[PDB]
Structure formats: C-alpha cells, structure tokens
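Letters go in sequence order (proteins before strands), and every chain restarts at 1. Whatever order the structure lists ligands and atoms in, that order sets their numbers, starting from 1.
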Amino acid sequence: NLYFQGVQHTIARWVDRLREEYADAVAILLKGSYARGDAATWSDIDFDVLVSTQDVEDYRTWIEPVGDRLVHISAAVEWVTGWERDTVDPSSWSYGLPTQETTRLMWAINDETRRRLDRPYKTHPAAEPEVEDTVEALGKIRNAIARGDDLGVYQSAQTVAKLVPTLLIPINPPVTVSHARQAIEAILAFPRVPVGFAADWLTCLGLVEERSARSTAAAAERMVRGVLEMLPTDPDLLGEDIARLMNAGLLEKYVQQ
Amino acid sequence: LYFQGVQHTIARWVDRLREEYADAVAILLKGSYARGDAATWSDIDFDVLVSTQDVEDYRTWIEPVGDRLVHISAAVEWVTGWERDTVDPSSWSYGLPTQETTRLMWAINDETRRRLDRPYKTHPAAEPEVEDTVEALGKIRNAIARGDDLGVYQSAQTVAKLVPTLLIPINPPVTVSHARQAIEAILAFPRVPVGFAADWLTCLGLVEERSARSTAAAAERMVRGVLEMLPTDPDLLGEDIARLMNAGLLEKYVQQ
Ligand SMILES: NC[C@H]1O[C@H](O[C@H]2[C@H](O)[C@@H](O[C@H]3O[C@H](CO)[C@@H](O)[C@H](N)[C@H]3O)[C@H](N)C[C@@H]2N)[C@H](N)C[C@@H]1O
Ligand SMILES: NC[C@H]1O[C@H](O[C@H]2[C@H](O)[C@@H](O[C@H]3O[C@H](CO)[C@@H](O)[C@H](N)[C@H]3O)[C@H](N)C[C@@H]2N)[C@H](N)C[C@@H]1O
Ligand SMILES: [Cl-]
Ligand SMILES: [Cl-]
Ligand SMILES: [Cl-]
Ligand SMILES: [Cl-]
Ligand SMILES: [Cl-]
Ligand SMILES: [Cl-]
Ligand SMILES: [Cl-]
Ligand SMILES: [Cl-]
Ligand SMILES: [Cl-]
Ligand SMILES: [Cl-]
Ligand SMILES: [Cl-]
Ligand SMILES: [Cl-]
Ligand SMILES: [Cl-]
Ligand SMILES: [Cl-]
Ligand SMILES: [Cl-]
Ligand SMILES: [Cl-]
Ligand SMILES: [Cl-]
C-alpha cells in the first residue's frame with residue numbers, strides 16, 4: 001500500500017510533464033480507477049489531455065517504474081471542443097445505460113476553462129430502445145436452433161442480452177454508472193424486470209459457468225416475451241411503426257406464430 | 001413454398017417503397033435474402049437511399065406471406081452519407097474487414113444505377129488495440145484477486161473482442177459478410193497462438209462450461225501468446241506501443 005502513494009506521486013508528476021509536452025493544452029483531467037479512488041494492483045493511470053488544436057485525436061502510453069513495480073500510464077489527447085461535445089453521445093461500454101464518466105480536473109490554462117471543466121464527471125445519455133433488433137436477434141436464435149448451430153445460438157443470445165437493457169431503462173428508476181463492471185451491477189439490480197431476469201440475462205450474455213443451446217434459447221424466449229409485455233406503447237420512445245405494431249397485436253402475433 | 005411468396009413480396013415492396021418515398025434514388029436488398037441464405041425467421045432487409053440530406057430513419061412492417069407473417073424493415077438514409085460509410089469498420093465483425101452484401105433493386109437513373117449496382121459495400125479492418133487488450137487482462141487480474149467471477153467473465157470478453165484486431169495483420173486477409181461468419185473466419189485463422197481456437201470461445205463466453213479460473217488462464221495464455229507474434233511496427237501498432245515492446249518494457253509490465 002506504499003505502492004499507492006508512489007502512484008499518487010506519479011500522477012502529480014505526470015500532470016506537469018503533460019503540460020510541458022503539449023503547448024496547445026488547455027486542460028488535464030484524471031480519469032478511470034484513480035479518479036474514482038477504487039484502483040487496484042493492475043489499474044492503469046488514465047489521463048485526458050484536452051488541446052486547442054482542432055481534430056486532434058491521439059493516444060499515448062507509458063510504462064514507468066514505481067518502486068519495485070511498473071505502472072501503465074495512458075493519455076488520450078483530444079480537441080477540447082470535440083471532447084465536450086461527445087457528452088451527447090451514449091457510451092459504448094454501458095449496455096446502453098446513461099453514464100457518469102468520472103473526471104478530476106488536474107490543471108486548466110485559465111479561470112474560465114477551469115470553471116467550465118471542473119466537474120465530477122462528463123455525462124452521456126441512455127442509448128435508445130431497440131425493439132426491432134431485439135426481435136431479430138431472437139429470430140436468429142430460432143434459426144440457429146433449427147439448424148443445430150449451438151455457437152450461433154450463443155452468439156445471437158448475446159445480441160439479445162446486449163439490447164434488452166435499452167428496453168428496460170425507460171421503465172426503471174433513473175440510474176447512471178461510471179464504468180463497465182458497474183453497468184452489470186445496475187442492470188442486475190433493476191427493480192422492474194420480467195420473471196427470471198438475473199439468471200437469464202447472464203446466461204444470454206454468456207457470463208455463466210454452465211449453459212446449453214436449449215437453456216440459452218429458453219432464457220431469451222422468456223426475456224423477450226416478458227419484456228415486450230412490460231413496455232409502454234409510446235411511438236416517440238419506441239418508434240412509430242413499432243408502437244403501432246404492438247398496439248395492433250401484430251408484433252405479438254409475429255413472435256408467437 | 002413460403003420462400004417463393006417471399007420473393008414475390010420483395011418485388012412488391014420495392015414498388016411500394018418507391019411510391020412512398022418520392023425523394024428516393026435507390027432501393028437495395030440487404031442481409032439474408034440478398035445472400036440467398038435466409039431461413040424461417042429471417043427478415044426482409046431494405047436500404048432506401050434518399051436525396052434528402054441528413055435523413056436517418058428506420059421503418060418496420062409485419063406482413064402476411066400466405067399462412068405466415070414476415071418481418072420487413074427499411075433503413076432510410078441520405079444517399080451520400082450511406083456512400084461515405086465505407087471508411088469505418090463494421091461494429092459486428094470483431095474488427096474484421098467486411099463486405100456488406102448489397103443487391104440493388106431499383107435506381108432512379110442510369111448514372112445512379114451504375115454508381116450503386118455493386119455486389120457489396122466494404123468496410124476496413126479495425127486497427128490493432130494492444131493497449132486495451134493489456135488493460136483488460138489487468139482488469140481480469142484485479143477481478144480474480146477480489147473473487148469477482150462476473151468481472152473476470154466480463155473483462156475476458158473484452159480481451160476476446162480485441163484479440164482479432166491483433167491477429168489480422170499476421171494472418172492472410174479475410175472479409176466476412178455477416179456476424180456469424182465473423183466467428184467462423186476468426187476460428188479459421190491459420191497463424192494463432194497455442195490454444196487459440198478453444199480459448200477464444202471460452203473468453204468470449206460462447207461455451208458450455210468454464211470457470212473464472214479456467215477463463216483467466218485462457219486469457220493469460222492468449223495475451224502472452226499473441227503479443228510475441230506481433231511485429232513491433234510503429235505504423236501498425238502506434239509509436240509508443242511499438243517502442244515499448246521493442247524495449248521489452250510491455251512484456252516486463254505484463255509479467256511482473
Ligand atoms: N478501452 C478503455 C480505454 O478507452 C479509451 O482509450 C482507448 C481508445 O478508445 C482507443 O481508440 C479506439 O476507440 C476510439 C473511440 O471509439 C476510436 O476513435 C479509435 N479510432 C479507436 O481505436 C485507443 N486505440 C486506445 C485507448 N486506450 C480511454 N481513453 C481509456 C480507457 O481505459
Ligand atoms: N442490427 C442489425 C440491423 O442493423 C441495422 O438496422 C437497425 C439500426 O442499426 C438501428 O439503429 C441503431 O444503429 C445505428 C447505427 O449505429 C445508429 O445510428 C442508431 N441511432 C441506432 O439506434 C435501428 N434503431 C434499428 C434498425 N433495425 C440494419 N439497417 C438492419 C440490420 O438488420
Ligand atoms: Cl476503468
Ligand atoms: Cl437519459
Ligand atoms: Cl440481429
Ligand atoms: Cl456479450
Ligand atoms: Cl448489439
Ligand atoms: Cl470496469
Ligand atoms: Cl460494481
Ligand atoms: Cl399495423
Ligand atoms: Cl407486443
Ligand atoms: Cl443477417
Ligand atoms: Cl433465400
Ligand atoms: Cl466492388
Ligand atoms: Cl462479447
Ligand atoms: Cl471491446
Ligand atoms: Cl448473422
Ligand atoms: Cl464456425
Ligand atoms: Cl511484448
């Protein structure tokens with residue numbers, strides 16, 4: 001645990017080093033595990049270096065000694081305006097959940113940049129519901145079952161499990177997450193889910209010790225049917241054609257035929 | 001006999017789409033029916049390219065074909081944005097270059113016909129992600145140490161999703177047209193580390209049985225196996241990464 005003090009010193013030391021290196025820098029922020037305070041042995045030191053130069057996107061890596069160990073350091077160098085702007089795009093690592101991308105401002109070039117970038121996180125909105133593609137992936141599962149392709153079953157079930165949260169988010173209390181592992185935690189904790197959710201979702205994701213093509217296909221059939229019957233038929237939320245088809249009973253008829 | 005009525009349904013839908021979209025310049029058949037490998041639950045997949053800029057919309061019908069219902073979908077998009085899309089890697093291919101099958105059904109003029117009547121649309125391979133593969137191994141290691149099985153499984157999936165970006169440059173070039181074929185092509189890579197085919201499925205979590213312990217062991221084998229097979233080229237892997245590997249420092253970090 002004296003490793004951790006050497007890392008904190010490495011972080012402080014790197015901030016000044018990054019400044020010296022990037023004349024176009026306007027702000028330097030700590031990200032990831034060390035910004036959250038939950039780092040462990042193999043955690044990386046993660047920096048964003050925001051610059052004034054437009055269209056810049058580069059990725060730096062260092063391996064540096066801390067006592068008798070080496071630590072991995074990384075920096076994403078990015079145009080400041082591009083970095084601020086991506087707050088309107090959903091994260092790709094949260095299964096569609098809205099996110100709080102943890103930031104700790106280390107340095108900023110002036111007062112106004114300081115005031116603007118001194119926030120505990122950068123937000124991202126939820127990914128939109130994908131009813132149609134969830135239903136298609138169930139179709140792929142059924143096709144793979146019919147032809148005896150277990151691997152195809154497992155693959156398509158992952159697609160169903162990756163998409164289902166986009167359906168469950170709107171009918172659950174608002175929750176955000178700050179990192180990938182926590183996304184699994186928030187989803188598993190959703191108060192409003194169909195019967196069997198926890199085990200079914202992990203089976204379909206493939207994050208279990210034991211399953212079969214039969215049990216996996218079964219989990220997906222339960223989940224899709226259970227979730228669709230819980231969804232409000234709102235055209236702005238789900239899409240006009242989708243809500244219409246659900247209200248007409250056509251989507252149900254299709255799935256159950 | 002069901003698939004024959006589908007063919008007639010397809011032809012009928014093109015006329016329909018033309019009539020509904022005045023701003024249309026082309027309609028293309030995509031997916032299973034464009035490949036000719038469709039089955040019972042396959043969907044009829046259309047791209048409807050419009051002259052109207054910045055348009056992105058997604059349509060859905062459910063239609064009778066004899067004694068069954070068929071799912072029909074249309075992606076409506078600015079013709080020019082559709083065309084520009086070739087510069088980005090597909091999201092569904094584990095980083096493999098792709099040939100998105102395209103069968104042009106209708107085009108507004110002879111020039112549009114010629115610009116668009118192509119057998120597929122291409123996307124390039126995703127670039128190698130050495131750093132993120134190593135980080136995900138780091139996460140697996142932290143997860144094991146705290147007894148978090150789910151964390152091990154999750155971060156092993158990350159390792160497995162990135163490893164193909166590493167194997168592509170040391171293997172004969174291959175492209176795929178759909179997601180299921182991506183798995184087949186990757187399992188068929190001839191130049192891979194010891195244990196690759198079995199381990200990759202284990203880490204992806206596409207197997208009947210594994211444990212946190214066996215999964216971590218697979219990812220350790222894999223990552224160490226793949227890195228020693230990579231050329232230390234700055235253009236391929238990135239400047240820092242190549243330097244660090246050539247210096248021995250990345251290996252030292254991973255094995256410490
Ligand atoms: N995966 C987790 C890591 O993601 C990012 O870094 C990673 C970048 O996202 C990676 O960039 C990749 O993802 C970005 C964003 O999609 C793409 O623009 C880029 N072309 C693509 O290569 C880049 N090649 C490596 C860098 N470590 C974070 N900055 C740090 C985080 O720990
Ligand atoms: N996943 C396979 C399907 O992918 C696409 O469609 C799907 C679109 O890709 C989906 O759009 C999603 O993906 C696109 C592209 O990333 C995003 O721009 C969009 N915001 C996001 O919602 C849209 N919401 C549903 C539509 N069926 C293909 N056009 C059809 C294919 O069967
Ligand atoms: Cl992290
Ligand atoms: Cl939101
Ligand atoms: Cl799908
Ligand atoms: Cl998955
Ligand atoms: Cl998906
Ligand atoms: Cl994580
Ligand atoms: Cl967590
Ligand atoms: Cl209807
Ligand atoms: Cl329904
Ligand atoms: Cl397909
Ligand atoms: Cl066919
Ligand atoms: Cl071509
Ligand atoms: Cl995965
Ligand atoms: Cl990934
Ligand atoms: Cl597929
Ligand atoms: Cl295969
Ligand atoms: Cl190495």
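- Among all chains, the one with more heavy-atom contacts to ligand 1 than any other is, according to the PDB entry, Aminoglycoside nucleotidyltransferase.
- The compound at ligand 1, a drug or drug candidate, is named tobramycin.
- Taking 4.0 Å as the heavy-atom limit, the other chains contacting tobramycin (ligand 1) are A, B.
- In this structure, the binding site of tobramycin (ligand 1) at 4.0 Å (heavy atoms) is formed by A:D46, A:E57, A:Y59, A:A76, B:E127, B:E129, B:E131, B:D132, B:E135.
- Organism for chain B, as given in the entry: Pseudomonas aeruginosa.
- Among all non-hydrogen protein atoms, the one lying nearest atom 23 (C) of tobramycin (ligand 1) is B:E129 OE1, 3.5 Å.
- From the protein, the heavy atom lying nearest to atom 8 (C) of tobramycin (ligand 1) is A:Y59 CE2, 3.7 Å.
- Among protein heavy atoms, the minimum distance from atom 28 (C) of tobramycin (ligand 1) is reached at A:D46 OD2, 4.4 Å.
- Taking a distance limit of 4.0 Å, we find that atom 13 (O) of tobramycin (ligand 1) is approached by no protein heavy atom.
- Here the protein heavy atom with the shortest distance to atom 25 (C) of tobramycin (ligand 1) is B:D132 OD2, 3.4 Å.
- Under the 4.0 Å distance rule, the nearest protein heavy atom to atom 18 (O) of tobramycin (ligand 1) falls inside the cut-off.
- Inclusion of A:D48 in the set of residues having an N or O under 3.5 Å from an N or O of tobramycin (ligand 1) is not warranted.
- In terms of N/O distances under 3.5 Å, tobramycin (ligand 1) is not approached by A:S74.
- Using 4.0 Å as the cut-off, no other ligands or ions neighbour tobramycin (ligand 1).
- Residue B:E131 has at least one heavy-atom neighbour below 4.0 Å for each of these atoms of tobramycin (ligand 1): 25 (C), 26 (C), 27 (N).
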Filter the tobramycin (ligand 1)-protein atom pairs down to N or O on both sides and distance under 3.5 Å, then list them.
| from | atom 1 | to | atom 2 | distance (Å) |
| --- | --- | --- | --- | --- |
| tobramycin (ligand 1) | 1 (N) | B:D132 | OD2 | 3.3 |
| tobramycin (ligand 1) | 18 (O) | A:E57 | OE2 | 2.7 |
| tobramycin (ligand 1) | 22 (O) | B:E127 | OE2 | 3.4 |
| tobramycin (ligand 1) | 22 (O) | B:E129 | OE2 | 2.7 |
| tobramycin (ligand 1) | 24 (N) | B:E129 | OE1 | 2.6 |
| tobramycin (ligand 1) | 24 (N) | B:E129 | OE2 | 3.4 |
| tobramycin (ligand 1) | 27 (N) | B:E131 | OE1 | 2.8 |
| tobramycin (ligand 1) | 27 (N) | B:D132 | OD1 | 2.6 |
| tobramycin (ligand 1) | 32 (O) | B:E135 | OE1 | 3.0 |

